[PDB]
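Co-structure: natalizumab and heavy chain of FAB NAA32.
For reference, chains are lettered A, B, ... following the sequence lines as listed. The numbers used for chain A are those of the PDB entry, and the residues that appear cover 1-236, in sequence. Here chain B follows the PDB entry, giving residues 1-138, 143-222 in order. Sequence positions for chain C are given in the PDB entry numbering; the residues included correspond to 1-213, in order. Numbering, chain D: per the PDB entry, residues 1-211 in sequence. Atom set for the values below is all heavy atoms of this structure, side chains included, hydrogens, waters and symmetry mates excluded.
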Amino acid sequence: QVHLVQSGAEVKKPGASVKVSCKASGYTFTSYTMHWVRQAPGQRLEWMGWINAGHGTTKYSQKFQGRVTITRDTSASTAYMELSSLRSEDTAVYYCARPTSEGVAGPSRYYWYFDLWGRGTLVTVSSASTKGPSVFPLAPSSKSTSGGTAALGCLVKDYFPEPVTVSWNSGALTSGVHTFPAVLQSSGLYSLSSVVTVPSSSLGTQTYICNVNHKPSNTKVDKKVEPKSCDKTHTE
Amino acid sequence: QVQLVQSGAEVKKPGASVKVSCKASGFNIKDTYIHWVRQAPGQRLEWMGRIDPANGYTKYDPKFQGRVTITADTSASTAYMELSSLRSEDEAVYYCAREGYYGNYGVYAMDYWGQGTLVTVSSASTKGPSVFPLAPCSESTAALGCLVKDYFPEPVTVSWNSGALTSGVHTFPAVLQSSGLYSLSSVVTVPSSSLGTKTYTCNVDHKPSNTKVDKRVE
Amino acid sequence: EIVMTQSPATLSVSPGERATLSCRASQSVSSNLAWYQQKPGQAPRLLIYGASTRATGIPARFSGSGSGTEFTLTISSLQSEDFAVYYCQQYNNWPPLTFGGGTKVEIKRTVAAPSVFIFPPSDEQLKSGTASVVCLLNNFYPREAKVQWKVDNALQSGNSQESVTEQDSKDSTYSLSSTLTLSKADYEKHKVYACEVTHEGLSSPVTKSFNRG
Amino acid sequence: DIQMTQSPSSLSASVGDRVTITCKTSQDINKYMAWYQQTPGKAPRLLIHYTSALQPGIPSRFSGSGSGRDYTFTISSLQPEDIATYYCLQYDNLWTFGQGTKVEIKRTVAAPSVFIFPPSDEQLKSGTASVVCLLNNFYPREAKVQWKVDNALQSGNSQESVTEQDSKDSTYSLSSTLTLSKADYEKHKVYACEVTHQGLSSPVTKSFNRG
């Protein structure tokens, strides 16, 4: 029954500050040091700094020096990490990590490898405010076909914050579905696309509706994805 | 018990290289970091670099990077510092220091220093000193001394009666003669009553020339 | 700082087989190297420390070796749960403690060419400010492919975004979506809109296009 | 890219006085601040580490404080043995020592004890005669030595040096050498050293006759 309990996820506008907590159980907090490691979406782990839980002594990476503050509450076996003057690049998952052994590393004491970790705390740095998505279709046609199969979809654009829960035909359609991961745009609003591969031959008789649910704005968008219609028909 | 002993004063020509030893004893060298710090007379302590002897990891100062190489011979319990392409500007006292752990605070600290090593940068010949007695011609107190003359390079150590006599002793800074050789004096004030019932000897040591003179003063 | 390079970027290994993962350092790390297992949306799990010692509770199929600047992680018999991203960590020099870029170990299968489809922007989006053109490459293998946007034979510079799904649970393929974002009259300027796809699965680059109207 | 400023570069104070040295870093150094004492001739000695952790063996009159970028070293009551150059050290972003503070002691006037030494027989055999004058335990450090050879004031044939301040009585001592060739030394008889100092009512002349 040895774990590290972290505080909930957060959204902060640039230039603000976030204070992530990390409570400890199953061991003597004062006997070990507490480290903080971050991971930006689709990037490597980045070491930030540590706190000696028994004496309150800290050490930080020079990359964060001036913006990071690490504290500990011996009375509640909790460690805190404060990240000031938040920028777009600070959007990451923040983990508190405890090394395998007690004390401080140094010559003949190489202890900076961690066995106990917290689940993580996502901190999203965005000036953007809550916005419901716009849903546009990715209409199937002969130009979307391959071996009797046709591709169709939904472009879920400009929403904040994550997530959007996307289903097809109110759960009746599950096979052949590819819901792509969200991408943070230049505007600071997420965009996403959900595609499905269906039989090409039944495009005129089947109905394909994507159900886009966004709980933060209390917005639900149902879009019918029909085959490519023509404004005009021509020759020469 | 905890001590840090450095190699003796060196005299090296410009362009030549110099290696300084730092012998650790009274503790395990693999448990502490060893730093090298330099100092020109009447000037600041300048940190040059650090070594973790257990793994051989070195951290230098960018102004000293390339020219300074700090290594360690853990079996011999000694740390080394090599300074290549010596310039007249590199003349200083080179110190080694240990950075040990403090359990009651959870921190390391540069806590003990060696005596230092004077690295003279010169093309001039090493010359041993001549030791002349300083005694009065033919008062409750009397003065006796030694004139340590015509030596190169620095330093010379002066002690009295093999270290027994320290109170009332003044060993003066050397003066630079027109010849380019140094001259210094060491004196002692004693009671006029003991200038027969007690012997007085200055112990002059100029290690660069392998000179150790024990001159009795009467 | 010590630059930790994890090679290859991604490695395709069939189950039951031997998985050999590499980690190099910009300078000597002695035997102060650790290995971590990371599954998507999870905290890293320590596997190896001291370059070769196994963390308590870690099953015996995981092992490590190496010293100085070159290291190796070995998974003698690769299981189902074993498919994850692997990170190497140095703890010889601090600050900063550095980790490697990671190696994603995927399940192996045959070379599958992508189904390439181009989607024009809808009238609904065109009625608004922005115009989004989508290039879809679905059910392909291997993961690495290169989608290039071409509008009137002119290449596109940082005018698009892309995302890839996690390897399929049944046919272990990948799907990629690339969105070329414009506006009006940016989209109303040009006629031909296309996406050129370079992949292992087919001889020449696959070009799919459409003309505005 | 971290800078440090140690203030002041030198200070004077009386025994029993409060002495303060400050240090200012260009960035927060998170209490990784240490103070070193360096007496003349000797190597540096750690007094305080991690801002206020006073090293065992160091008297309680020494103390450190500070946080962030601002640090302070205090000697609550200055003692004669405290004459030294003091250094601050930041050890968060690599290692930078301060420019140093030389702490000198102001004390009461003390006249020197003057002594004259003739050249030795050993030295004379070599052809050079060095006459030595000693000014012992005086304050302030400023003192004049006038060499007189048969009542004639000497110039250009003398060299002098002063000691560092004493760690017990806070005084200075001076040694002056008058150098002549054996020939010139044998040409005269009365060799004198005249000393003028603030502590003396009238100058002190110490002399000997050659033979």
Report the positions of natalizumab in this structure by ligand number or chain letter. chains B and D
Natalizumab (chains B and D): other chains, heavy-atom cut-off 4.5 Å: A, C
Part of A:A53 within contact of chain B (natalizumab) (heavy atom distance under 4.5 Å): neither
Which single chain of natalizumab (chains B and D) has more heavy-atom pairs under 4.5 Å with chain A than any other chain of it? chain B
Under 4.5 Å heavy-atom distance to chain A, tell me which part of B:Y105 shows up: side chain, backbone, both or neither. backbone
Counting only non-hydrogen atoms closer than 4.5 Å, does B:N28 touch chain A with its backbone (N, CA, C, O), its side chain (CB onward), both, or neither? neither
Name of chain C in the entry: light chain of FAB NAA32
What residues, by chain and number, sit within 4.5 Å of natalizumab (chains B and D) when only non-hydrogen atoms are counted? A:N52, A:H55, A:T57, A:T58, A:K59, A:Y60, A:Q62, A:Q65, A:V104, A:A105, A:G106, A:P107, A:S108, A:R109, A:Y110, C:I2, C:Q27, C:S28, C:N92, C:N93, C:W94, C:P95
Which name does this PDB record use for chain B? heavy chain of FAB natalizumab
Quote the name the PDB entry gives chain D. light chain of FAB natalizumab
